[PDB]
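Structure of prednisone in complex with 3-oxo-5-beta-steroid 4-dehydrogenase.
Sequential numbering from 1 along the given sequence is applied to the chain's residues. Both ligands and their constituent atoms are indexed starting at 1 by order of listing. Quick note: numbers below take in every heavy atom, side chains included, and nothing from hydrogens, waters or symmetry partners.
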Amino acid sequence: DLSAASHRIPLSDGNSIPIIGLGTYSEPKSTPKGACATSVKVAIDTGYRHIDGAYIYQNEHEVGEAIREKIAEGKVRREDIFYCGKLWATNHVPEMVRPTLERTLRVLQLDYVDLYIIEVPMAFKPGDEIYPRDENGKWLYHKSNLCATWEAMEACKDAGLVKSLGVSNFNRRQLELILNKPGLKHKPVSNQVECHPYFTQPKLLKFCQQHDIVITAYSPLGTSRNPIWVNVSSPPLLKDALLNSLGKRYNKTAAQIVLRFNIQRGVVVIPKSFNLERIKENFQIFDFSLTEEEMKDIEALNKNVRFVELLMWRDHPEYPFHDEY
Ligand SMILES: NC(=O)c1ccc[n+]([C@@H]2O[C@H](COP(=O)([O-])OP(=O)(O)OC[C@H]3O[C@@H](n4cnc5c(N)ncnc54)[C@H](OP(=O)(O)O)[C@@H]3O)[C@@H](O)[C@H]2O)c1
Ligand SMILES: C[C@]12C=CC(=O)C=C1CC[C@@H]1[C@@H]2C(=O)C[C@@]2(C)[C@H]1CC[C@]2(O)/C(O)=C/O
């Protein structure tokens with residue numbers, strides 16, 4: 001079915017999305033300049049046709065640099081590349097949405113993005129600081145109004161600035177809000193959330209499928225496990241006994257096993273790697289398939305524990321991780 005040359009799955013709005021993509025977040029201070037650009041280029045050469053990024057990653061300009069060069073050389077046409085950008089918490093004010101998208105378009109130097117999503121359901125105080133906090137370190141929040149923000153996102157698609165609209169880190173309630181919104185124009189086609197063998201998102205996935213919403217699994221390899229923000233209570237996902245055991249069976253790494261797992265269930269994966277060898281390794285997941293029994297055993301690894309909890313914002317009205325899903 002899915003192959004290296006053809007692995008795009010349909011979105012509810014008529015568009016399609018490559019089931020595998022390259023994630024581009026990397027610790028700014030511990031990441032060499034140009035690393036993201038080089039990686040995106042290698043990814044496209046390897047076969048990737050989906051790049052997931054965000055203005056707040058502070059490297060969106062490198063992403064554009066790489067994409068434009070590949071188009072310029074004729075490696076791919078703009079329509080062959082799928083780029084996803086995100087609207088940060090400090091840009092949820094309706095009037096700020098379009099200008100925020102336009103900024104990203106100017107940074108990437110492209111006419112449009114394939115997918116633009118609300119980064120988090122929580123709104124933070126607008127400004128030049130992506131992490132608002134007063135003198136006491138108290139997080140400066142802002143009253144959220146998802147419906148209004150969405151209408152602003154819908155306007156962007158009406159203007160032809162983005163092909164598809166979606167969300168990220170949205171729970172069932174927040175999704176319903178948009179889905180049941182009076183006079184809804186464009187339903188969200190995707191919800192990007194943490195998803196892997198240790199957090200399979202069983203209920204959220206079923207809900208999203210009822211509405212034809214595709215789930216993009218971020219941190220599909222269990223994250224970089226940076227203690228500064230990652231909950232390390234759970235052991236290294238890639239060190240899992242079963243995942244590695246199944247890997248020996250197909251002569252694949254645990255990383256490849258976990259990526260095959262999600263894409264085989266229709267979940268898009270956006271593994272991040274700025275390493276030449278690992279970028280290639282993560283794409284080699286079309287030359288084999290997991291048996292149903294194996295698929296069920298891997299799913300059974302679910303621990304219901306998030307690597308990305310974002311506890312520092314558990315008090316924000318829109319914190320999405322309080323509910324079961
Ligand atoms: N929307 C949201 O709220 C949200 C949140 C977090 C992340 N994301 C997106 O999701 C992407 C993926 O998640 P993530 O970066 O957190 O995590 P991840 O993709 O789960 O894991 C990345 C870590 O794994 C390493 N790695 C990559 N391939 C490997 C392989 N084959 N074997 C062993 N280690 C490997 C990477 O190091 P090397 O680079 O050295 O290979 C890096 O430290 C992000 O980069 C971003 O585009 C979205
Ligand atoms: C999840 C998150 C927000 C949405 C997104 O697309 C990607 C990321 C990955 C990096 C996270 C970021 C945050 O939410 C803020 C964090 C957690 C940052 C790493 C350190 C950080 O910048 C911090 O500690 C300041 O608050």
Task: prednisone - ligand or chain assignment - done: ligand 2
TODO: With heavy atoms only and a cut-off of under 4.0 Å, state how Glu119 meets prednisone: side chain, backbone, both or neither.
DONE: side chain
Task: Protein contact of atom 1 (C) of prednisone - nearest heavy atom, named by residue and atom, plus distance - done: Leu310 CD2, 3.9 Å
Task: Protein contact to atom 3 (C) of prednisone [nearest heavy atom, distance to 0.1 Å] - done: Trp88 CZ3, 3.9 Å
Open item on the list: I need the nearest protein heavy-atom contact for atom 26 (O) of prednisone: residue, atom name and distance, please.
Closed with: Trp139 CH2, 3.2 Å
Task: NADP(+)-binding residues (UniProt) of chain A within 4.0 Å of prednisone, heavy-atom distance - done: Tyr25
Open item on the list: My understanding is that we take every heavy atom of each candidate and find the minimum distance to atom 25 (C) of prednisone. Doing that for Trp313, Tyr131, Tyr25, which one comes out nearest?
Closed with: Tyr131
TODO: Mark up the atoms of prednisone that fall under 4.0 Å of a heavy atom belonging to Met312, in ascending order.
DONE: 17 (C)
Task: Residue portion contacting prednisone (non-hydrogen atoms closer than 4.0 Å) for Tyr55 - done: neither
- [ ] Provide the nearest UniProt active-site residue in chain A relative to prednisone and the minimal non-hydrogen distance to 1 Å.
- [x] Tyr57, 3 Å
- [ ] Enumerate residues in chain A that UniProt marks as binding substrate and that sit less than 4.0 Å from prednisone by heavy atoms.
- [x] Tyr25, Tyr57, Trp88, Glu119, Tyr131, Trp229
Task: Shortest protein contact, atom 8 (C) of prednisone (heavy atom only) - done: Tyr57 CE1, 4.5 Å
Task: For atom 17 (C) of prednisone, closest protein heavy-atom neighbour - done: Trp229 CB, 3.5 Å
TODO: Please confirm whether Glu27 comes under 4.0 Å of prednisone, counting heavy atoms of the residue only.
DONE: no
TODO: Define the binding site of prednisone at 4.0 Å using heavy atoms, by chain and number.
DONE: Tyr25, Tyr57, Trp88, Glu119, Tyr131, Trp139, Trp229, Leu310, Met312, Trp313
